[PDB]
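Drug on board: forodesine.
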2 protein chains.
Amino acid sequence: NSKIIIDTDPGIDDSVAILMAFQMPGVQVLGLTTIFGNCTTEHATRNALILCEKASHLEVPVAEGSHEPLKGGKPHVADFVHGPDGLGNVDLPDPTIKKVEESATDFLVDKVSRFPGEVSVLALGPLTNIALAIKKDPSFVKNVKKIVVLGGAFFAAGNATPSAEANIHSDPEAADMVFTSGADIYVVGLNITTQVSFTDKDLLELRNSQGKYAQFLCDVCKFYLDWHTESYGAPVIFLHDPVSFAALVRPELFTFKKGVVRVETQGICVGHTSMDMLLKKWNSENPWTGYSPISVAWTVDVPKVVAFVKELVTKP
Amino acid sequence: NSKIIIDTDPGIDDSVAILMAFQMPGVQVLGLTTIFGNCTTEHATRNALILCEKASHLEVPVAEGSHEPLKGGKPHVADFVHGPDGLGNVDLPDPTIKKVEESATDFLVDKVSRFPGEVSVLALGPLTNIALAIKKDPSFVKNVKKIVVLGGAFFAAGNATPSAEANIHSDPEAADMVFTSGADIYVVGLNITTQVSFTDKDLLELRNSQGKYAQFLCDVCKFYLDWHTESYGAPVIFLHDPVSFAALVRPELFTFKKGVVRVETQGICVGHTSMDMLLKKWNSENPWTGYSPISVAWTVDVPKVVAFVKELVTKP
Ligand SMILES: O=c1[nH]cnc2c([C@@H]3N[C@H](CO)[C@@H](O)[C@H]3O)c[nH]c12
Ligand SMILES: O=c1[nH]cnc2c([C@@H]3N[C@H](CO)[C@@H](O)[C@H]3O)c[nH]c12
Ligand SMILES: [Ca+2]
Ligand SMILES: [Ca+2]
């Protein structure tokens, strides 16, 4: 049983990924650590607790994280994507279970130090809690097994601006800190996830299946599909967070390229992820020379990832 | 007949492109406007005059442009690529012809205003002179026939930094000004030019040909080839500027995608070209929404571009 901590802003696709993790054999969810992005951190915390309740996992701790990015200020949330409270149009009563007292930072630090070399972190939102855990404990990057990040856009369009993917754009300083931290990092960007199309047809099939959470997953994905159809002009949704979950437990369905990743933290291209490709020898030193390289998901076996997500969500 | 002005930093591949333009039927070179990049502006001016002499085009004016980018300061020149002199360490006698008195800015403004809708500008270097022409005259963007730009890297690695192509990196403010100006612009980036490989075998065939400028072009390309062999680890050169010349006179050999292009002018990603693909409706305004889209070369018929360059340089 592989120990994982999911740092998340649920969030419609995060909810799919969280329920997939609870349904995944050989995986133990130590806890959910929450962050803003798709919704406010308080809405993310409420949705994480609703998910734990829904999955009969009342014992899985939910530790609330940062309410603001590292630079401070009230975050702009993707409510036009994930609904006013982050759960699309799904009307569910408030959870009875409560968050634990410890912050996401402290929860991350404690579990990694308690089980050194055993815990994998799946980062589904902005990287604020992860950068904060790094700031707090210098042994965190050495003791964390790996960090699988859903974020960035490597030689692909961003979704927050033409240049930036949302999770990175939501906290550029945190992302740059994490990517240069020297931890064993695997980054899954929009270059990968926009290749994995899920259709209106796939959702209707799911609605008509025996999947444990099929009804809820279709109800929650409805707002998500309506927004994608409106914004992209196609009845296709991208399940970014489930795709990164596949990179975490089925990394053989992807190929990874190693290289230094830096994040633009200022200007019009704020949130942009730039990777040094190692194909050209630099005549002069630059912001990418001297850092530890990380792994960036480069290719993806799309039918196999689709089949893997479907297997987990259709499971009775 | 087609009237063109070539803005250039010759430069080894610029020299190939300039001699190709002089060898191109139905093309009239109104003049060469010089800029820094591959070498200092004074070295670029000397090389442009040497090229006009070599080509028996003593009547073609050479107008010297800016010595610094728009933001000021001394530019870093690509002498490791184009030699200390900008011609691959080939010593040539000083030209007898002299530059005209007018600056590149004034030359560009005068010819465009004198022949409205007739003049095409081929931009082979940093875009400083073109930005200065737009700043001086608001009718420039309306009266220039088109601007064909060799610059940027669209969803591809840069060659100045992992994030930026050299011409843009050399003057980011000028590039951002040109790209948002509303002129009819066509941009050919590294995403295109790195697809058009020329080898040590192609250079030996050129030396075996009766090409008018074969001796000179093989002499200057030895430095260019040695640097590519050293930096890229392959006996392959990229003739970026000749490829943009092919986009100018044979645009049917490429496909173009329309989109708004902005340039990062600060931070680690300075010089980065980010294109809004226009496939996603933005929920909020951003630095890419209030501008006229430009055309970005998307695909290229590589054998046809190679054959076109070879035909022009092997021509006795
Ligand atoms: O279009 C979008 N804009 C902003 N965020 C998202 C997301 C969320 N942000 C991440 C992908 O940008 C992912 O974790 C997902 O939960 C999906 N689509 C969009
Ligand atoms: O590797 C390079 N670094 C910087 N500039 C160039 C160039 C010049 N700069 C442009 C392409 O980056 C093009 O106009 C060419 O003349 C070729 N190769 C390199
Ligand atoms: Ca998320
Ligand atoms: Ca050039």
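Here is how names work: the chains are called A, B, and so on, in the same order as the sequence lines, proteins then strands, and each is numbered from 1. Just follow the structure's listing: the first ligand is 1, and inside any ligand the first atom is 1. Keep in mind that the numbers below use all heavy atoms, side chains included, and drop hydrogens, waters and symmetry copies.
In this structure, every copy of forodesine sits at ligands 1 and 2.
Of the chains near forodesine (ligand 1), the one making the most contacts is recorded in the PDB entry as Nucleoside N-ribohydrolase 3.
Chains with a heavy atom under 4.0 Å from forodesine (ligand 1): A, B. What sits closest to atom 16 (O) of forodesine (ligand 1) on the protein, heavy atoms only, is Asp13(A) OD1, 2.6 Å.
Considering backbone and side-chain atoms alike, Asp14(A) places an N or O below 3.5 Å from some N or O of forodesine (ligand 1).
Listed by number with element, the atoms of forodesine (ligand 1) under 4.0 Å from a non-hydrogen atom of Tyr224(A) are 17 (C), 18 (N). Closest heavy-atom approach to atom 6 (C) of forodesine (ligand 1) within the set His240(A), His82(A), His76(A), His169(A): this belongs to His82(A). One option in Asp241(A), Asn283(B), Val16(A) has a heavy atom closer to atom 13 (C) of forodesine (ligand 1) than any other, and that option is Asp241(A). Per the PDB, the organism of origin for chain A is Zea mays. Remark: forodesine (ligand 1) atoms within the under-4.0 Å shell around heavy atoms of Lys280(B) are 1 (O).
In this structure, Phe238(A) has no heavy atom closer than 4.0 Å to forodesine (ligand 1).
Considering backbone and side-chain N/O of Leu190(A), none are found under 3.5 Å from N/O of forodesine (ligand 1).
Short-range neighbours of forodesine (ligand 1) under 4.0 Å, ligands and ions only: ligand 3 (calcium ion). The closest protein non-hydrogen atom to atom 10 (C) of forodesine (ligand 1) is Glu165(A) OE2, 3.5 Å. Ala166(A) CB, 3.3 Å is the protein heavy atom nearest to atom 4 (C) of forodesine (ligand 1). Taking every non-hydrogen atom of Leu150(A) and a distance limit under 4.0 Å, the qualifying atoms of forodesine (ligand 1) come out as 10 (C), 11 (C), 13 (C), 14 (O).
The nearest heavy-atom contact from the protein to atom 8 (C) of forodesine (ligand 1) is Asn38(A) OD1, 3.3 Å. Heavy-atom contacts of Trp227(A) reach the following atoms of forodesine (ligand 1): 1 (O) (cutoff under 4.0 Å).
Every atom of forodesine (ligand 1) is numbered from 1 in the order shown, and the set under 4.0 Å from a heavy atom of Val81(A) is 1 (O), 2 (C), 3 (N), 18 (N), 19 (C).
The shortest N or O to N or O distance between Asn159(A) and forodesine (ligand 1) is under 3.5 Å. Among all protein heavy atoms, the one lying closest to atom 9 (N) of forodesine (ligand 1) is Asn167(A) OD1, 3.6 Å. The binding-site residues for forodesine (ligand 1) (non-hydrogen atoms, 4.0 Å) are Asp13(A), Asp14(A), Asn38(A), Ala78(A), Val81(A), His82(A), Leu124(A), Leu150(A), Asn159(A), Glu165(A), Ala166(A), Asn167(A), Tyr224(A), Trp227(A), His240(A), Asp241(A), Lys280(B).
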Write none if no such pair exists; otherwise list each N/O atom of forodesine (ligand 1) with its protein N/O partner under 3.5 Å and the distance.
from                  : atom 1 : to        : atom 2 : distance (Å)
forodesine (ligand 1) : 12 (O) : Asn159(A) : ND2    : 2.8
forodesine (ligand 1) : 12 (O) : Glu165(A) : OE2    : 2.7
forodesine (ligand 1) : 14 (O) : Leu124(A) : O      : 2.8
forodesine (ligand 1) : 14 (O) : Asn167(A) : ND2    : 3.3
forodesine (ligand 1) : 14 (O) : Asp241(A) : OD1    : 2.6
forodesine (ligand 1) : 14 (O) : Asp241(A) : OD2    : 3.1
forodesine (ligand 1) : 16 (O) : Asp13(A)  : OD1    : 2.6
forodesine (ligand 1) : 16 (O) : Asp13(A)  : OD2    : 3.3
forodesine (ligand 1) : 16 (O) : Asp14(A)  : OD1    : 2.9
forodesine (ligand 1) : 16 (O) : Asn38(A)  : ND2    : 2.9
forodesine (ligand 1) : 16 (O) : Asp241(A) : OD2    : 3.2

